*Asks:* 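I came across a structure with PHA-793887 and want to understand it better.
Order of the sequence lines sets the chain letters (A, B, ...), proteins ahead of strands, with each chain counted from 1. Keep in mind that the numbers below use all heavy atoms, side chains included, and drop hydrogens, waters and symmetry copies. Start at 1 and go down the list; that is how both ligands and their atoms are numbered.
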Amino acid sequence: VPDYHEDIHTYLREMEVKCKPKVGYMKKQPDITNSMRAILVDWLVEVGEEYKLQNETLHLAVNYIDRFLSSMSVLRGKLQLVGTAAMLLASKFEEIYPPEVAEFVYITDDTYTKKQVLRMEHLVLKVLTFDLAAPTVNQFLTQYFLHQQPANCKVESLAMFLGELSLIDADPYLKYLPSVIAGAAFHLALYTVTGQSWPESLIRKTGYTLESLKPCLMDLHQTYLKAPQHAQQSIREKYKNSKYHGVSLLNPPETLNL
Amino acid sequence: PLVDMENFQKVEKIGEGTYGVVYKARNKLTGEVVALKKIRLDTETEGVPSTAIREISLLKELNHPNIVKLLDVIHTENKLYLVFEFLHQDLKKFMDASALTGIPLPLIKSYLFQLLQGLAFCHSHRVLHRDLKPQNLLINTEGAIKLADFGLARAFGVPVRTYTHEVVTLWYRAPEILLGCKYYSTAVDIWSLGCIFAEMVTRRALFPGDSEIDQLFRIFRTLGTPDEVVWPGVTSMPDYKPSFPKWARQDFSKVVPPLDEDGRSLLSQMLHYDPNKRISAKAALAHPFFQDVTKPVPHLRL
Ligand SMILES: CC(C)CC(=O)Nc1n[nH]c2c1CN(C(=O)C1CCN(C)CC1)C2(C)C
């Protein structure tokens, strides 16, 4: 129970509306698709496990990417350069000790040069106007967690898992605000582990009712159901580790009782 | 980019360090006076330093009268310039120049009031400063003071973890940090401000430690060795030691003799051991100590 807790939620709710990517940017892109993007993010998830980076770093880099692609035409063979630069910036902003550029060149199979990565860092920064402190699903989950009765590490791990998956698929998740994705991931995880639902305290905090969360919820539930069939698997693998209580192995309900 | 640099006329070098250099300068077209912070990039060719990333990104969210304004960023191929408003002096040098007279108590009060306002704004915007020391507090002739240097600052929508290297200098470091706590909280900034309040009042640093263990024992010797009642958990904390000397709390009116009851109360609450009990910037602003606050102008020996 923090001091500026309320003022912060309100501020993040403001900033998430301003850092919002262009919903339908992918189709105005000449060369890349939602699928290529999904492959890219799944790759970065992998990259974060390799260098033991925070989950917030991953969410931030994805925010940077969607925003850059919101305004810049990118070609297939340069897409991963954008993604690598986003991760580098994300690490510098969020990590205590970021990996060195040499590592970021290495993890690309020398498809790009140290020089290319550094120039792209400049161009990403220019395109984003140095606005790196973006609101993420994680930030809203952290806020929501304080409202656990009691805390359940399983519920927390599972909500993280659901939020992380939502990064992978620009459709349908680009059209939902982080605070909303967070709301759905929290309820779904809560319902699965404990059979409880979106608490009254959070309805007062957020203004979100289970009703308003519904559309994102139905989408998220499907993504949880079809999760093991999905072409991208790095996240599910990450989350069967004991560090996350194996929540990527829990069986989802077959229906949410709405 | 280079059009922009040629519109500046360098006046004089006003600061230098591991970070780079700071020049006072003039806009040749508008006449605006300005501070140019120059960061060399070819020194590690590791790209834009993390310290500029955080300062630039965070500072351009924070618009407040007691936070230094970042005016512009100019990025050439080998240099990075941040353009800031200019202020005449910093608190370290002003305290030093005031050694014989002391800083008048009404000016001390105004300064602390302003610093808390700036810090409240930071915190209510999920920014931790993390390096509040007299040298990063800037002042002008009209009587304002502003938080500066956000190179170690951090957004905390997600909780911020402890780094050994990236820390407040020793004299202003909170006890939780010395004792090895996991996360920073806003409480660590309030601790720093409390140390500075005391130094302004007494003309000496509150806790001038030689090392981490010495810094702790100086705090313990003044404030009392904390116990489980004072601070639930202390004995559990990583770097706590059962072999610690058990000092009694010193009489607080003998630690800051020039202060009245209201001042003593405020500083007690700013130096509370338990981070959760330590007063917040917003709540400190309501303390009766600020009943009568005014805005005096300093004698700047410029
Ligand atoms: C000459 C000093 C007494 C005063 C002085 O340098 N004032 C300033 N006006 N504007 C600025 C500073 C000092 N500035 C700084 O960014 C410096 C703050 C102190 N740290 C240790 C290095 C960076 C900016 C905001 C650019």
*Asks:* Specify the chains or ligands that represent PHA-793887.
*Replies:*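 All copies together: ligand 1.
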*Asks:* From the contacts in this model, which chain binds PHA-793887 most extensively, according to the PDB entry?
*Replies:*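 It is most in contact with cell division protein kinase 2.
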*Asks:* Are any other chains within heavy-atom reach of PHA-793887 at under 4.0 Å, and if so which?
*Replies:*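 By letter, the heavy-atom neighbours are B.
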*Asks:* State which residues lie within 4.0 Å of PHA-793887, judged on heavy atoms.
*Replies:*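 Within 4.0 Å on heavy atoms: B:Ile14, B:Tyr19, B:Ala35, B:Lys37, B:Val68, B:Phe84, B:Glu85, B:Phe86, B:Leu87, B:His88, B:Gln89, B:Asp90, B:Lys93, B:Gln135, B:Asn136, B:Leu138, B:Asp149.
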*Asks:* If you map the residues of chain B that touch PHA-793887 onto UniProt domains, which domain comes out on top?
*Replies:*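 According to UniProt, it is Protein kinase.
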*Asks:* N/O to N/O below 3.5 Å, does that happen between B:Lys37 and PHA-793887?
*Replies:*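 Yes; the residue has a nitrogen or oxygen that sits under 3.5 Å from a nitrogen or oxygen of the ligand.
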*Asks:* Within the 4.0 Å heavy-atom shell around B:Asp90, which atoms of PHA-793887 are there?
*Replies:*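 Result: 3 (C).
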*Asks:* Using a heavy-atom cut-off of 4.0 Å, which residues UniProt lists as binding Mg(2+) in chain B are that close to PHA-793887?
*Replies:*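 The overlap, by heavy atom and UniProt annotation, is B:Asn136, B:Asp149.
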*Asks:* Taking a heavy-atom cut-off of 4.0 Å, which of the residues UniProt lists as ATP-binding in chain B lie that close to PHA-793887?
*Replies:*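 Going by heavy atoms, UniProt's ATP binders that qualify: B:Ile14, B:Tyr19, B:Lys37, B:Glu85, B:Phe86, B:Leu87, B:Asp90, B:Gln135, B:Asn136, B:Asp149.
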*Asks:* Below 4.0 angstrom from a heavy atom of B:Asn136, which PHA-793887 atoms are there? Numbered from 1 as shown, please.
*Replies:*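 By the 4.0 Å cutoff, the relevant atoms are 19 (C), 20 (N), 21 (C).
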*Asks:* Any idea which protein heavy atom is nearest atom 26 (C) of PHA-793887, and the distance to it?
*Replies:*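 Nearest protein contact, heavy atoms only, for atom 26 (C) of PHA-793887 is B:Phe84 CD1, 3.4 Å.
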*Asks:* Which organism is on record in the entry as the source of chain B?
*Replies:*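 For chain B, the PDB records Homo sapiens.
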*Asks:* Of all the atoms in PHA-793887, which lie at a distance below 4.0 Å from a heavy atom belonging to B:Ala35?
*Replies:*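 Result: 9 (N), 10 (N), 11 (C), 26 (C).
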*Asks:* Check each atom of PHA-793887 against the heavy atoms of B:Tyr19 and keep those under 4.0 Å away; list them by number with element.
*Replies:*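 This gives 22 (C) as the contact atoms.
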*Asks:* Which atoms of PHA-793887 have any heavy atom of B:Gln135 under 4.0 Å away?
*Replies:*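 In order of number, 19 (C), 21 (C).
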*Asks:* Do B:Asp149 and PHA-793887 have an N or O pair less than 3.5 Å apart?
*Replies:*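 The answer is yes, given that B:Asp149 and PHA-793887 share an N or O pair closer than 3.5 Å.
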*Asks:* Where is the nearest protein heavy atom to atom 4 (C) of PHA-793887: which residue, which atom, and how far?
*Replies:*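 Checked against all protein heavy atoms, atom 4 (C) of PHA-793887 sits closest to B:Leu87 O, 3.7 Å.
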*Asks:* Would you find the UniProt active-site residue of chain B that's nearest to PHA-793887 and tell me the heavy-atom distance to 1 Å?
*Replies:*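 Heavy-atom minimum to the UniProt active site of chain B: B:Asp131, 7 Å.
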*Asks:* Pairs of nitrogen or oxygen atoms closer than 3.5 Å, one from B:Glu85 and one from PHA-793887: do any exist?
*Replies:*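 N/O-N/O distance under 3.5 Å: yes.
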*Asks:* If you measure every N/O of B:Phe86 against every N/O of PHA-793887, is any gap under 3.5 Å?
*Replies:*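 N/O-N/O distance under 3.5 Å: no.
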*Asks:* In the protein, what heavy atom is nearest to atom 13 (C) of PHA-793887, and what distance, to one decimal place, separates them?
*Replies:*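 Of the protein heavy atoms, B:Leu138 CD1, 3.7 Å lies nearest.
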*Asks:* Within PHA-793887, which atoms have a heavy atom of B:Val68 less than 4.0 Å away?
*Replies:*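 Answer, ordered by atom number: 25 (C).
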*Asks:* Just need the protein heavy atom nearest to atom 6 (O) of PHA-793887, so name the residue and atom and give the distance.
*Replies:*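 Result: B:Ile14 CD1, 3.3 Å.
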